[PDB]
Q: 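Before we start, here is the structure in question, set down as structure tokens.
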Amino acid sequence: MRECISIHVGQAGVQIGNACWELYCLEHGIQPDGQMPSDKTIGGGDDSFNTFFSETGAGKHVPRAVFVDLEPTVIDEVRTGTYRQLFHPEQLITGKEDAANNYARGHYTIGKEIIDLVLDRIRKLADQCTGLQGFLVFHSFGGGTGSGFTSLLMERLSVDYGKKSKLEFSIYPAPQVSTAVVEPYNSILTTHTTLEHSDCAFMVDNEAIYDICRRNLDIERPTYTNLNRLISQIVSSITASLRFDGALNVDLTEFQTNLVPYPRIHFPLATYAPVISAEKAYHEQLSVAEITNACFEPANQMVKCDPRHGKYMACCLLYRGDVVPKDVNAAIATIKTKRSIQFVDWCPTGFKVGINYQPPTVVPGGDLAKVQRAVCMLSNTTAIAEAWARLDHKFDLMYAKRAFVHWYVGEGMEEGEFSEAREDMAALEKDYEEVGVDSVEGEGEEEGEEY
Amino acid sequence: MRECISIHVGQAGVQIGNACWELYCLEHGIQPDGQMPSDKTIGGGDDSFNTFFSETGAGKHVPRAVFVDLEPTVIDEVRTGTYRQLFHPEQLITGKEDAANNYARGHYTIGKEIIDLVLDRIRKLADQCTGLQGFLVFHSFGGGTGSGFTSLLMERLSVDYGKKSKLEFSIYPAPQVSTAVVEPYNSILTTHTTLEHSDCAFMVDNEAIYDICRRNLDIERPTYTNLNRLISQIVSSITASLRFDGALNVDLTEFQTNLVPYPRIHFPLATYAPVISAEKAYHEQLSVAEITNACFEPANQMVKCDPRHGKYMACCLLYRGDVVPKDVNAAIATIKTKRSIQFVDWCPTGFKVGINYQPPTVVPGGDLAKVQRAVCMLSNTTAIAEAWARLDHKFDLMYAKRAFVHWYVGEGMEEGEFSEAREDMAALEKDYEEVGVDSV
Amino acid sequence: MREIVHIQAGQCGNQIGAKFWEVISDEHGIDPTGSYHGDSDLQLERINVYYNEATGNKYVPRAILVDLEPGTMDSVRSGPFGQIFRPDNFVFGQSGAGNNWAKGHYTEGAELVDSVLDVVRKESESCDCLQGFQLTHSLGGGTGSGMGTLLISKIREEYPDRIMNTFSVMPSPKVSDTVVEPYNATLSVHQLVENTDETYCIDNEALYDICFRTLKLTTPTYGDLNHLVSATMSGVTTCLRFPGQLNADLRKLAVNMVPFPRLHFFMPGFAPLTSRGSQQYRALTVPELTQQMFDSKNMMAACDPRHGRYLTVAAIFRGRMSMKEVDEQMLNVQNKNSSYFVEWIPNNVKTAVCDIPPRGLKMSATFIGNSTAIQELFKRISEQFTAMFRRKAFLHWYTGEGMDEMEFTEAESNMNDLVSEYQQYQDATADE
Amino acid sequence: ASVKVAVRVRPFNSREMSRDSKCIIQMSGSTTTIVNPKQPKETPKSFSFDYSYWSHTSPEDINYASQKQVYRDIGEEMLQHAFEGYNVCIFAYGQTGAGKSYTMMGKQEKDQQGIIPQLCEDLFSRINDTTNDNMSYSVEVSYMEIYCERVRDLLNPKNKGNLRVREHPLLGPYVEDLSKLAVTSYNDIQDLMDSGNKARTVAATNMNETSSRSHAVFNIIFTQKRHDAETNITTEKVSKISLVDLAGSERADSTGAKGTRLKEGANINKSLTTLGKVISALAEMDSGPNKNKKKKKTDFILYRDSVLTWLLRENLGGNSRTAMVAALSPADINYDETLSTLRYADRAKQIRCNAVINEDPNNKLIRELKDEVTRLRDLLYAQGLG
Ligand SMILES: CC(=O)O[C@H]1C(=O)[C@@]2(C)[C@H]([C@H](OC(=O)c3ccccc3)[C@]3(O)C[C@H](OC(=O)[C@H](O)[C@@H](NC(=O)c4ccccc4)c4ccccc4)C(C)=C1C3(C)C)[C@]1(OC(C)=O)CO[C@@H]1C[C@@H]2O
Ligand SMILES: Nc1nc2c(ncn2[C@@H]2O[C@H](COP(=O)(O)OP(=O)(O)OP(=O)(O)O)[C@@H](O)[C@H]2O)c(=O)[nH]1
Ligand SMILES: Nc1nc2c(ncn2[C@@H]2O[C@H](COP(=O)(O)OP(=O)(O)OP(=O)(O)O)[C@@H](O)[C@H]2O)c(=O)[nH]1
Ligand SMILES: Nc1ncnc2c1ncn2[C@@H]1O[C@H](COP(=O)(O)OP(=O)(O)NP(=O)(O)O)[C@@H](O)[C@H]1O
Ligand SMILES: Nc1nc2c(ncn2[C@@H]2O[C@H](COP(=O)(O)OP(=O)(O)O)[C@@H](O)[C@H]2O)c(=O)[nH]1
Ligand SMILES: [Mg+2]
Ligand SMILES: [Mg+2]
Ligand SMILES: [Mg+2]
């Protein structure tokens, strides 16, 4: 009834997809083989929710997803793993070499010969849907595939469908740590297609999530599984309003209407307040006010950027569990009195509220405590520009001497499709500076005259 | 015979009619179902008096009345109440909404499409009559129906019948208390009806009757039922000379002859003297002098006017009970001896007297006490202009800014029709301030 | 007969409706299955105002449900009274307005309006003599504002004689649930000021304050707010359904309340509210009802009546009481507070009395006030509107659906004209 | 400048002859006197205006007012002001049977033409005579009716849909899709007129065989283009001429209205009452501050309660020179209604116009600065200081 296709590209996308689909199957009571014995025990119900799963005659449920990659190594783990019987066999792997941290190879030397099949499968999936809400693309900057093939796929999807919404959940390069040397080129070349075609893009950072895991959950040696679980919780909180019943429901288009002021500034940050270990789940009340306050703490941000250095253009709070609107109004009122949190003068309201009844689930073997109230906050702010500026510096230090450039031009790329991207990025960095300035004092010349 | 037709219009008229017909039925011995056991127990007499009741072959007595309203919510209470079998089934509701306190709706748009039925029923009722004397119209100013539809009906009746007397019993707006914001417009717009087509208009005020109930009857929280019962008593005292025997009888034409010196001044006041509770009915003689002095008290008037500020032009006293003419001739003298009561120069006589033997009856569950001597006074004086003048002031305060005017215009009335009416009203005031100017 | 058609649009209007039909059903005596199981004989005498008859002695509510999301329809059907309403009246679509006024008014609602109007025509044709309409919605959302004003315009075009009412839940000063409230509120008021006969201003903050300070509830929810709104809704129309000493149709209230056409925004109130544990201390009589009714903290619009002047006020009492006491109390509240009443209307209180009170109460009263202080509310929205229109904060979502800036400018101008009109009588002096 | 006021009396009609009546109105010069039939020889009233017109007695020329006389008196000055650059407007007024239409339309078939075709004749003759190599004119027309708070086009072919009214933020209210058509000759505009008058909605009443059920406005946009390609600019001046034929005030008991006619009369009366309130309030507003203190008290006038007042807001007050033509019935029967008209005519005289001639601001400033600089330079050069 309200369908959403999920597209996962690259190793990061596929692994986050594993975490997300584990969470969804645990949430709706579907076994890893697709059967749902809970419905048989109940004798009938709507548990086969159409937002993510499609039902066949025999009761088997198949997810609405499309996995893509160029290395067989990652998809082969899924094809012989615990969820081998859940997915359709069409996993869309390119049985060849990989892009190898090269944007050009991902875009238009190896991205071809696989894009057509992917688009055909997406066409079949969309035809099965009786009313679409949008797409959810999971990818990663820096990697060759997740940049180039993502750019090509978004271009083709925007041409073919056009009106439907398109959201992203991407891993931005961290300020200090990185697992590659040619990351900035890939990120800068990706920014154009991230800007023109996508409608609302969320960004996260591995360093921030590492710090959150260290400080809050008391895990000294985390791995990618915990980070993927946290991102899965974020996405589930985003999409919970389409599935379960609630007092105030927020559709996917409501996010876009209430969160982006102008078409070019659709880069909000995300946060999840009650991250706490089972041991520390006690000794604390975890009331609505506490989690709402924690959402605004600069230390809990999932991107290495300080909100105190900018201004909040807009915010959107999604609550889940035992919450009553009165406490939400009180929380927002007390937040509006603090002077550290700054709001641009042209958005006096600056808040969106959504409440859902289903509380979050617990994954067996996880590291998050069972709680009765949760909140996910999405903030459109001007601090994020700082992060971009840092990455931009790195790009220049490698492009002055034309390092690692022959690999890119050797795969059919002109040298001046580089500088071009930089200029585009610079223009974006201007707009975030322009919007955040307070309205000039008495913007309409001066007033006061005869009546 | 001596026969009258009663027309009740609007909620106030219908409720006053309920009280009035309860009183008449109790007076004559007619049960609520219309049967009179007194006929089968006595075998004679004329207790089926034709002044108010028409007799059928089976022995049932149907009243001579016409109830009218533009909503069903009020008259339906009669159709499913205690007196459902007394009245004829034809009660003339308009199967629509009400006039909404709007003169224009009640006179031009919604007031029509029911006038024809009302006229047909009145014609049928008057055809059965054999000496019809006059009409009694009960209504209330300030209501859309009671103003507009009453005006339309009065015009049609004057055109059709012409010579029959048409008395009026109306509820004038009070100076201070009120239950609608647009009362002055509706009250001023209907001066033409009461001034041109009516023959004698009696007015009362809710505040005056509230004060009388609070003081004389010791009722702290009265409601409309007591007011209706008192007005019913006054109407009965007016009409009693037609039905029962008496030493001096007064017909309706005699009332009109003695209370109306000139055509345009037919606006007398009415008072009823022995209003007293059962507990206070003792400790007092309630003789003729006491009751006839009670009529002249400013505090016992039924409209908030002070008779001391004007001059008495005519007076008519109607006694019911054990009263002998001697005691009546002696009081008329004492009140002529007193100097606080002023009579105009051109009326050397001043007083008309009538006496009837039938004493007033008591309604079960009522508040008036049983008494052996009663008197109803009707007095034509110049003080009534005061009650008019205040209202005119109110009208001005709303007409300078044209407040609440588009409702009237949207229903077919023209703006100038307001102003014209006001001038007419002013002229009326001017003539009651130049019939007293002492003659020179 | 005086028959009313009810329409509900959006989540807020739909839920308020639900609780209105649970307060009007008990008062007449209707089972959830539609059968009648009452006691008194006056409950069926005027049932046809809000209910149509069906062959099995059944009574179906004469209502119409509208939305652009199936979820709210499903919630109402899966409820205690979901089976009482006619299935054919559940008009809805998919791909809701998305909190966008343009989508509700121009793009998405333009398709569903034809079906809703067909249902409205069918329902109105079956009536014997139609009195008027009434519609419940919230001005802060897309579906409510858009389709409500569109339907109001269409119906007023087709049925010009009949009276039209609205019960609007309007943006709160501090409380905010959506970011683009000012645009929707301005664009909806631009139509409401033109195409309606009465409007009642509801605000969430006032209801929360009443629940806290007067009813002493610890955890209010939307059900209590719907409860209060439903109580006022029933009290307004009580005089059409039960007998009394003084009667007041909706048209009579409109005539007595609206001095000029562009002043039909009202402040509602109800009495008594006692907090379930202090009734044993509080007496019940007409003076205390008037005292609670004219108090400033009782009003449901979050506008202080002491900051302006009462143009005109109306009181509908329900119970068995004396008329002298009522008249004396209204005169007293006039005379003591003469500074707050306009001088060029000699008497500006309308009074009505009905005999049958609510089921569990011995007396009750409802209040409809018309005062200048409401202008304050509009000013707030206007200020906020400017703060987002000076820079085109969220404009491309609207212009993308077939709109232009001229509409925004004229919508602002009309509200400013209304505020100036209300202000003209506010200040003292004026006089003759 | 004040709003000019003209008053004109028509002769008796058959309705006033079958039921006997007498002539109550007199006039001398610009003053008109009203006698009271109900209270005669008590208080005869007099009122002073800009023009009074006695068209009662056609056979005699003693102070007789023909159509050409009234036209030469007001329409010629309005057209001259329009040629200067002003926007001008003269609108009728009166009660059902006052002859408001006979004054603004007249009879084309006779020489006794109204004040709409004679302007058109004078305008077309003037532009045809004054046209040159360096002088050209562009003239366009529109005509709209207000039936019951809905605007309908008469020039357009059959278009059932009603027209929406918008508010340009700079230019004020206007109608959207009003069929504005250009004209080049008398015959073209005359045919447009015949179509428009045939399209107007009319009905028969007991007060008038052919009465009007709608207000009607005639707008002419006139463009003066001076074409000196070396020096001057084209489209030098733009002006608006508008004439209004309001519907007559209905009385109901003396018209026989019923059903649909009564509803139309109610709507007409509401519109006229709103217009009267606007007139009185505007006169008060312009009278008070002008003489009281000049404080500019912020009592604002309200035109939003009727589409008629909204459309004519500029003409009622602001950038327009405006005048009134009150038609009157002489019979005693209408003595009240006639009197009201006279009073409202008086309230029109106190109203003030605030009208200016303007062009593109850059052109005006450049021309004025050039003139000043030329004068200063000439003075300097004449004295040898340049
Ligand atoms: C012991 C006693 O006196 O019980 C009362 C009571 O305590 C009070 C507190 C009731 C109670 O109301 C509340 O507590 C309440 C809470 C939130 C929102 C609204 C009300 C009562 O629930 C409400 C209930 O009202 C009714 O029974 C009316 O018929 C009422 N019914 C409903 O609204 C209704 C709701 C759901 C289902 C069916 C009916 C009504 C009022 C106006 C118009 C129509 C109907 C009454 C008298 C009481 C209780 C039960 C405690 C009061 O409610 C009203 C509005 O009448 C609170 O103000 C009054 C004062 C009463 O004294
Ligand atoms: N949060 C998170 N980030 C990941 C994960 N896996 C990879 N990444 C990030 O992704 C970056 C590498 O890009 P990928 O898209 O995974 O590379 P790829 O998919 O193999 O495509 P190629 O570059 O062509 O090899 C690394 O720098 C990581 O920071 C993961 O499981 N979780
Ligand atoms: N004395 C007395 N006066 C009453 C009574 N009922 C109503 N009134 C008066 O009637 C006035 C209101 O006008 P109504 O007569 O009720 O209006 P209506 O006749 O119902 O006509 P509509 O307004 O169209 O319904 C009030 O000022 C009351 O004083 C009553 O029972 N007794
Ligand atoms: N001064 C006049 N000389 C000759 N004929 C006249 C004169 N005044 C009116 N008439 C005729 O009598 C009729 C009444 O005039 P008319 O202009 O129609 O009234 P009006 O003011 O337009 N009111 P309405 O009838 O509602 O439009 C017209 O048809 C004229 O032909
Ligand atoms: N009183 C009341 N208000 C509500 C309720 N639900 C939502 N609202 C209000 O409605 C506003 C949102 O409007 P919405 O229902 O989304 O409008 P729609 O999207 O067009 O249907 C918020 O400001 C809420 O305060 C409710 O149950 N009761
Ligand atoms: Mg790879
Ligand atoms: Mg009534
Ligand atoms: Mg005409």
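Chain letters follow the order of the sequence lines: the first is A, the second B, and so on. We're sticking with the PDB entry numbering for chain A, so the shown stretch reads 1-451, in order. We number chain B the same way the PDB entry does; the residues here are 1-440, in that order. In chain C, numbers come from the PDB entry; the residues present are 1-432, in order. Quick note: numbers on chain D are straight from the PDB entry, i.e. 4-389, in order. In listed order, ligands and their atoms are each counted from 1. What you see below is based on every heavy atom in this structure, not just the backbone, and it leaves out hydrogens, waters and symmetry mates.
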Q: Out of carbomycin A, tariquidar, Taxol, which is the molecule at ligand 1?
A: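 That one is Taxol.
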Q: At the binding site of Taxol, which chain contributes the most contacts (name from the PDB entry)?
A: Tubulin beta-2B chain
Q: Just wondering, which other chains does a 4.0 Å heavy-atom cut-off pick up around Taxol?
A: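 By heavy atom, the other chains are C.
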Q: Which residues are in the binding site of Taxol, using 4.0 Å as the heavy-atom cut-off?
A: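 Within 4.0 Å (heavy atoms), the residues are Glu22(C), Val23(C), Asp26(C), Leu215(C), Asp224(C), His227(C), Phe270(C), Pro272(C), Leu273(C), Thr274(C), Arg276(C), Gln279(C), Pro358(C), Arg359(C), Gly360(C), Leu361(C).
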